[PDB]
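Note on naming: letters A, B, ... go to the chains in the order of the sequence lines (proteins, then strands), and numbering restarts at 1 for each one. These values consider heavy atoms only, across backbone and side chains, with no hydrogens, waters or symmetry-generated copies. Counting starts at 1 for both ligands and their atoms, following the listed order. Lab note: partial entry displayed, contacts enumerated inside displayed portion only.
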Amino acid sequence: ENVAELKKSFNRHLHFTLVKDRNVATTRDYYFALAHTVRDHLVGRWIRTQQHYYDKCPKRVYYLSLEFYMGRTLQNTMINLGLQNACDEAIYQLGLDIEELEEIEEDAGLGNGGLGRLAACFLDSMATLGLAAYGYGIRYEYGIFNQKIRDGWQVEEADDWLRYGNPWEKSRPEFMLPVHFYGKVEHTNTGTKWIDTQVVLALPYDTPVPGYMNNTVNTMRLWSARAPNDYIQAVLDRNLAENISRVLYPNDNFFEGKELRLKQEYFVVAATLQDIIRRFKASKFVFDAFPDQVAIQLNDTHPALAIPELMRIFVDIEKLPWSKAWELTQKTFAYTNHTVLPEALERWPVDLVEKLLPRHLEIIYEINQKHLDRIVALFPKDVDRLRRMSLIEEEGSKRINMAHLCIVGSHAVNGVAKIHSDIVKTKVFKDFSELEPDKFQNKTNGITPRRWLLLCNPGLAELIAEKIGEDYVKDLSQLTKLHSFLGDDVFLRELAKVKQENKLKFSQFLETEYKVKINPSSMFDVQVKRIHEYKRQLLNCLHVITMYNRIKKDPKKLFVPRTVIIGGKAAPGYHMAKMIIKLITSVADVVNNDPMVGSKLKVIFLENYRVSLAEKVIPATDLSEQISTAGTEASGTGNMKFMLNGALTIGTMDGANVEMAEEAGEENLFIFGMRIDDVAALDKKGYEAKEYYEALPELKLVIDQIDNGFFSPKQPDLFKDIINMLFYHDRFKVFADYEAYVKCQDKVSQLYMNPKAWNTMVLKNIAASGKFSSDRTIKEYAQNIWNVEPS
Amino acid sequence: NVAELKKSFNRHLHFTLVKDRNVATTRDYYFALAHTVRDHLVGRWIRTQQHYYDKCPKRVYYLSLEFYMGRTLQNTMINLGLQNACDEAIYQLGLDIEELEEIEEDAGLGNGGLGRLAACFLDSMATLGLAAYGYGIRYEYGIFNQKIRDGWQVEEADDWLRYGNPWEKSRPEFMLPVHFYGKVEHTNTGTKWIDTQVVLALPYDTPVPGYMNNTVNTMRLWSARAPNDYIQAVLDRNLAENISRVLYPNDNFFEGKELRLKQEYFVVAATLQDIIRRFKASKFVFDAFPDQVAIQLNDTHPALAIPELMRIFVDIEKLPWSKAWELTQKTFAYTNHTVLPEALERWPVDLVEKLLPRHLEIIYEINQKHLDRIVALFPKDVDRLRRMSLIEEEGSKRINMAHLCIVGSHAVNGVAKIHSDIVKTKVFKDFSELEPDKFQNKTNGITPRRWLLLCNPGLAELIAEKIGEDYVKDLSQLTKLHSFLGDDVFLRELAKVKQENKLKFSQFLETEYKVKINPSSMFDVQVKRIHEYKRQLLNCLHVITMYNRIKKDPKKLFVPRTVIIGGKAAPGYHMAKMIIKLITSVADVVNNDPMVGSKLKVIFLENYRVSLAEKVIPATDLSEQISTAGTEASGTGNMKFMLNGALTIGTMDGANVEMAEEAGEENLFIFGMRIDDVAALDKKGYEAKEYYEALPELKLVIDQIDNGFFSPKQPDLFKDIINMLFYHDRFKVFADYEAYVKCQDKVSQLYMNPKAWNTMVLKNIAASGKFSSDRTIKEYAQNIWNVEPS
Ligand SMILES: O=C(N[C@@H](Cc1ccccc1)C(=O)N1CC(C(=O)O)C1)c1cc2cc(Cl)ccc2[nH]1
Ligand SMILES: O=C(N[C@@H](Cc1ccccc1)C(=O)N1CC(C(=O)O)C1)c1cc2cc(Cl)ccc2[nH]1
Ligand SMILES: *Cc1c(COP(=O)(O)O)cnc(C)c1O
Ligand SMILES: *Cc1c(COP(=O)(O)O)cnc(C)c1O
Ligand SMILES: CC(=O)N[C@@H]1O[C@H](CO)[C@@H](O)[C@H](O)[C@H]1O
Ligand SMILES: CC(=O)N[C@@H]1O[C@H](CO)[C@@H](O)[C@H](O)[C@H]1O
Ligand SMILES: Cn1c(=O)c2c(ncn2C)n(C)c1=O
Ligand SMILES: Cn1c(=O)c2c(ncn2C)n(C)c1=O
Ligand SMILES: Cn1c(=O)c2c(ncn2C)n(C)c1=O
Ligand SMILES: Cn1c(=O)c2c(ncn2C)n(C)c1=O
């Protein structure tokens, strides 16, 4: 606990655990010694917490997800355990730099973006709320790839995060389980049997999840695939079974029907459900009480197979009758929808499923038959309603609509922001909500204020605590008390000072990683998120070039200097996203080297955007770019992180941006562009991109520069694919929000010129960010879906 | 003290395994104890390695593709003087230390004798305080686990690292890149090897505790890792990692697979680079290298080390060829482990040219200078050149790796007198003639820690009772046991120890096998890899022979036996697999014939490996060492049996010859043709049928086999054996059959006389001192590596 004992443990681990002394120990050795020193502090409570759940047997919550975008664990653990100050002191006394030790840790990047990071924030919140919750996923050998930029383009490198060892995971060999694939179904007089299957073992690894200052330490269980049991070739072929948990599919909001992805989904699902049933049978609590002891949240449709798998276990194995089994199943599962973009919908062809999971295909067909029998009985004449509500789309080569399977097999279905949940309920699944009104809900996303405030921005956390105490950490709504300081000049300077320090520290980072020199006086304009056409960093890029031309046309004009930062990873096979990245690095090259613009404007493509880098750049941001086309971003969470950390937002009325406006007051955000209904109008009328190109002189110059090679001289036609998409296939109407966006941007610079007014708006944003704590989000899930209670 | 060991155990169970006493598994308890013991190694491991850096003694590097280590827990407790205290602490915690010990997986990174010799050498070098390092590959899968299904061998992956190996320590800061393929460019800045594929080598260090001396050496094993459609590209990283994936399961047999060639270059490249790097940091240019480094090539498997050292000195360090070649020879020594043709490494130049273009050039260069010398010495002997070349144009050109090891080394040694002589005067006559002093002998040895103190505590204690403990570090001290030759009480005590071992092993046999063991029977044992040259087929002929005898005359006085035969067959060795099936078939008939009953039991010991050897050897009365004269280079199993109180029935082959010299030929049951008789028969021509015709007991056995007596459901099952036996038996099974059976009868005779039997046993044990690997290592240190015990 105290400094002396922490130093003693550190030296002890460096010695016995790392087998080193101070003259031969590497930096990595020191990081590992500290990690083990911190990890030791988790054990007692990890054991008690899990023992407690067995004793008092509260209802358990299982968050089933193919992704857990955890980031680093060291600092997060020290903070939630109240050990950071002591460890900082101990490490300092040992003559070491704790910051350096922390940078040695690899991010556990087992996620693509929002969906995976939401799972991570939820685990922190559920532990902080004292819920008997478990995270269940896959332990990928390789997470989201490390991004490099070569000659302006994205290059992918394997994310070998486990190469040096992960001290934060605990193998649980005694819980290994067999998972089945392929084979065939036999309908015997003893029950249908699934036989001649190939077997792959599932080895679980537990990672502790410390609640914030509360003695609760929950568990995240990730499964790894292992082979069971010419000789050499046979041994090498063991790689095939093990490839199942080998790599995270690098796609964000995009469906790719590869068989290996289907294997991963069944793998997690099968291992997870069996483990859950086994723990249920040992609870010394037949399966009638199951739904009162178990809640399983389906994170998107990725784990949809859990439904037919639970049915398979209840029926084929436990011999329960179908009706009883189906009843228990619905009461067990709840489904969370995370998107409305067509390219992201999971639709598995029945042939692939038939080959890999013959018995699940049969169970799904059965589910679908009973389902449609009901509709036929309710709307005998609506024949097309049946076609629309079926789990099977015969529309060409038959496929399974996984979202529909999740809806019929779940008692609750929720979206992740009001605007989104509404669209899901009344438009996308109108036929279903009409039948079961009460089944559809909304649960607006949230972020954990531990990692995204206390951890990433200690200066702000301290300043806030200075003024209003520490209650806000566990009750973020407490930030409204900050309103008492609206006219407090001294406080406003203190707030600005914290942002300035964060910017200074991040600028140091930028100068050492990039050739560029940073004007620390500039406004940090930031857009960090996965590269997507719908998120439109392309629009941001149009505005950047626009500011460039303005400086060239009139260099002596008064101008608020900016440092424009854009970062994010493109899915490997997403060609347009890769072109967009190259467009940004090209533009940056011209801008950063034009002697006429100089320190007026700097552009940086932030490489390898991931959780640990987000913790650095967000606290250093002044302007947060949240410009997705109205109706495309289901919720967003980066928007919330920026709001909590003192940045103002420039964005569309989309996803949770709408709620950030409700809480803070629309005028305290720079809202702009078409709204959901305006986008529909343009669609109805038909979008003619050329018209804006024609009518907007600044837009036309930008476009022409791009298309003629102004930014790619050595290859004039390089950006032709973008031009063509922009003029003839822009599903996201980049040109249609261009004018309002730029006008809006000008207004931002205006406000920035007035520090007191700017920080006054910042204060209103921070003071109103309380609704976005994931602790609030989780309370709502616990109360209205899982029916469990905080402790 | 016990109290502190219990406290550490509980501490590790808690913080390290995250368990308490009601949820802890047996495996958790084994791991808690292992960490508790491992902690005791640290201080000395660090000091020992620091010491080598400070005083900078000359270092010895044992480069081997195999290290058949077995289990580490007990060996560590013993060499550290901690066994009694840990036993007591575990007992007090209400646990069974024996159960905990059986949890540990063997580190089976070897096939047999060659790999186990490397392990015994490490223990001895550490006990002698030498600055020695073992260098090899960290295979993900060692020698396969053997199962017997419907009488046949079935192989299962040996996933020894699945639950974690607490005995290894990753050394990430010493990772190195190894190169493959590419092409050679001869520039004006030196020849460059370019466009190569790169595979990383990650070293893992395992501590090697000397016996009671504060020395803890290192065994460094390399693991392959890939450097740095997207998904497919990530999955293909498996290809680079496949290099250190599986140990080739062949014992004394060459298989020219490209992956095996990759493994050999992999160990060699990573090892030589690491050695040079450690040399450059010694604050001791490369002139002193051979005075600071000795590298022992364990067989020709690491032969590439020679051209690789040349490549580094020349292509990289820019040293002139003559200087580089001089340093190289002073650095390497080569150990020959066999004369069997099928085991010689001959890589086709095409494969080497593709995978290692630069090494092929260096080898050609070495060969050119080599032959230039011979041409200058024997201008008219044109065929001498053909015989001494590193290249065999005899069809598709190939590289004779043994020849490369000889020209690139300053010393070449065999592993037993009879073997070393054959190597020097016959196989490499042309080379030894030129460099007489280059060829030596270093008779193999076994470590008396694992093979006596550990595996047979009863014997170790009995012996210490009579002569003190000096024998542990000076095994020659066992000769003091001669003072008890007439001591009746001692002879009963000796027999009692053997009886307890047999009792304990019989328990094992009954629970694993259906069979009921007559604990009164003589344990006749043949455990080693299944080979035609080791002839367990001959043993099988004798077994059937005894069977027929019991059937012909059931009421005759007969010494009862429990015949045990065990060993693994290389997966692709068809004959060996047939031989196994023949043995299990024979056993089926014998064990179930009501007429033989408890007179004779036959057991095929499944999954023979280091940890099982430690169980069955101490329980043996008769040790079968019957290879054809001139085929077993040395053997080491023979030595383990001698040390543990078993008598030997064998041919005058390998080290059996020296066991006879030490104990007195009459105290061993020697039989069969000798090296020269085998040659005579070869010259005259071996006509297997003649013995079949002339020996009525042999004929009946053979007919039974060939007609389906042992395979009724399939009469022609053993046809391949019959045909090999009559027309292609390179090992003359029939030609030693008569003497073997006569010899066997004499064994039973002696067994009937307990006092006479144990009197001979005592003479075997008292004379086993020469076979301690400690003696072997002293000889290598003095005459090859030029290093000194400390
Ligand atoms: O592996 C040891 N310590 C561990 C310490 C560790 C544990 C978990 C994560 C990181 C580090 C170690 O160095 N690693 C496990 C990692 C891997 O599997 O790659 C790297 C170890 C200590 C030790 C001490 C002695 Cl005396 C002998 C063998 C030993 N191994
Ligand atoms: O892995 C831990 N201990 C290690 C301890 C260990 C190390 C080496 C051999 C056996 C056991 C562990 O259990 N294993 C490493 C093996 C593997 O590679 O599969 C199994 C560990 C302890 C711990 C304590 C907390 Cl609070 C959180 C995570 C933790 N992991
Ligand atoms: C929060 C977060 C996201 C999601 O950001 P949006 O802007 O909401 O898409 C993506 N990646 C990382 C690393 C994050 O921390
Ligand atoms: C010693 C040993 C060997 C060598 O046996 P030989 O009979 O000398 O061939 C082979 N395997 C194991 C497991 C051993 O311990
Ligand atoms: C398929 C997918 O990744 N959906 C994403 O989910 C997160 C978390 O709900 C939302 O914030 C975001 O708007 C949405 O694009
Ligand atoms: C190539 C090979 O494995 N050779 C083996 O080596 C061991 C160790 O020297 C000898 O005892 C044995 O007779 C021999 O068959
Ligand atoms: C979002 N996204 C992708 O992620 C993607 C893609 N094509 C390939 N990938 C990987 N497309 C067209 C796409 O819109
Ligand atoms: C690396 N890279 C790309 O990734 C790429 C490309 N053109 C299109 N793409 C997607 N070019 C020319 C290129 O060099
Ligand atoms: C019938 N048979 C064989 O004939 C055989 C074998 N292994 C090797 N052979 C030759 N096995 C396992 C087997 O069942
Ligand atoms: C020793 N041995 C083998 O190990 C072997 C073989 N054929 C295949 N293998 C694997 N032969 C003929 C052989 O003698």
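According to the PDB, the drug at ligand 10 is caffeine.
What binds caffeine (ligand 10) most in this entry is, by the naming of UniProt, Glycogen phosphorylase, liver form.
With heavy atoms closer than 4.0 Å, the chains neighbouring caffeine (ligand 10) read B. With the cut-off at 4.0 Å and only heavy atoms counted, the binding site of caffeine (ligand 10) comes to B/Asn250, B/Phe253, B/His531, B/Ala570, B/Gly572, B/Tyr573. From the protein, the heavy atom lying nearest to atom 1 (C) of caffeine (ligand 10) is B/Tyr573 CE1, 3.3 Å.
With ligand atoms numbered from 1 in the order given, caffeine (ligand 10) contributes 4 (O), 10 (C) to contacts under 4.0 Å with heavy atoms of B/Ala570. Protein heavy atom in closest approach to atom 8 (C) of caffeine (ligand 10): B/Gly572 O, 2.9 Å. Of the other ligands and ions shown, none has an atom under 4.0 Å from caffeine (ligand 10). Short contacts between caffeine (ligand 10) and B/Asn250, defined as distances under 4.0 Å to a heavy atom of the residue, involve ligand atoms 10 (C). Nearest protein neighbour of atom 3 (C) of caffeine (ligand 10), counting heavy atoms only, is B/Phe253 CG, 3.3 Å. Remark: caffeine (ligand 10) atoms within the under-4.0 Å shell around heavy atoms of B/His531 are 1 (C).
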